[PDB]
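Caption: PDB structure containing melatonin.
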Amino acid sequence: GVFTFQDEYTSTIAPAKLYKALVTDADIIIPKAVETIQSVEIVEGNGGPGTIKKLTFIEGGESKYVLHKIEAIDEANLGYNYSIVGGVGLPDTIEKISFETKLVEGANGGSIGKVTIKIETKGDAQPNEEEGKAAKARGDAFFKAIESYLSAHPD
Ligand SMILES: COc1ccc2[nH]cc(CCNC(C)=O)c2c1
Ligand SMILES: COc1ccc2[nH]cc(CCNC(C)=O)c2c1
Ligand code: NA
């Protein structure tokens, strides 16, 4: 099956500066800002499409990682697309999960962060609702931590 999900986040922060933190300078900023993420590193590639990044994080007290493959990166248009290509544990019935993200101008010089998630499953399997809830919350917390960090570090 094929399933879509969307979420949106608002910030008082300007979109180009949020995108620099989230994407350009992600390998430095994300582990500083996000207290459950230990590291974000390039496993292979030059930063462009095809690049594989490894995000190491703690969950339930246990060290885990996930691998992200960069699918599109467009700084001019504040766009970044990636799919999950590996990690700890099993996908179970999840064949594929990709993300499409964009930042746009929001209220009073601020931003809106838009994320579209596309999940492909085996046959008639449905995406797990408890894991969806957890993912949704993680996304919220992630975007919020980045905002906190940038605010606490004017520039
Ligand atoms: C969670 O909210 C958003 C919103 C707009 C976004 N743009 C770019 C990213 C970063 C995507 N990097 C990772 C490791 O997921 C993003 C996140
Ligand atoms: C609360 O922040 C966290 C904590 C652990 C994590 N592992 C992986 C991600 C990336 C999350 N990116 C998006 C677009 O949802 C992550 C975020
Ligand atoms: Na961290």
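Since chain A takes its numbers from the PDB entry, the residues it shows come out as 1-155. Indexing begins at 1, ligand by ligand and atom by atom, following the structure's order.
Counting repeats, the structure shows melatonin at ligands 1 and 2. Here, the main chain in contact with melatonin (ligand 2) is recorded in UniProt as Class 10 plant pathogenesis-related protein 2B. Distances below 4.0 Å separate heavy atoms of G139 from the following atoms of melatonin (ligand 2): 15 (O). For melatonin (ligand 2), the atoms sitting less than 4.0 Å from at least one non-hydrogen atom of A141 are 1 (C), numbered in the order shown with element in parentheses. The single protein non-hydrogen atom nearest to atom 4 (C) of melatonin (ligand 2) is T36 OG1, 3.0 Å, given as residue, atom name and distance. Residue-level proximity to melatonin (ligand 2) for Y82 is carried by the side chain, the only part with a heavy atom below 4.0 angstrom. Short contacts between melatonin (ligand 2) and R138, defined as distances under 4.0 Å to a heavy atom of the residue, involve ligand atoms 1 (C), 2 (O), 5 (C). Restricting to residues UniProt lists as binding Ca(2+) in chain A, the heavy-atom distances under 4.0 Å from melatonin (ligand 2) involve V34, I37.
Considering only non-hydrogen protein atoms, atom 16 (C) of melatonin (ligand 2) sits nearest to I37 CD1, 3.8 Å. With a cut-off of 4.0 Å around melatonin (ligand 2), the other ligands and ions picked up are ligand 1 (melatonin). The proximity of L55 to melatonin (ligand 2), defined as any non-hydrogen pair under 4.0 Å, is limited to the side chain. When only non-hydrogen protein atoms are considered, atom 11 (C) of melatonin (ligand 2) lies nearest to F142 CD1, 4.1 Å. A heavy atom under 4.0 Å from melatonin (ligand 2) is present in the following residues that UniProt lists as binding trans-zeatin in chain A: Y82.
Within melatonin (ligand 2), the atoms closer than 4.0 Å to a non-hydrogen atom of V34 are 2 (O), numbered from 1 in the order shown.
Binding site of melatonin (ligand 2) at 4.0 Å (heavy atoms): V34, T36, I37, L55, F57, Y82, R138, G139, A141, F142.
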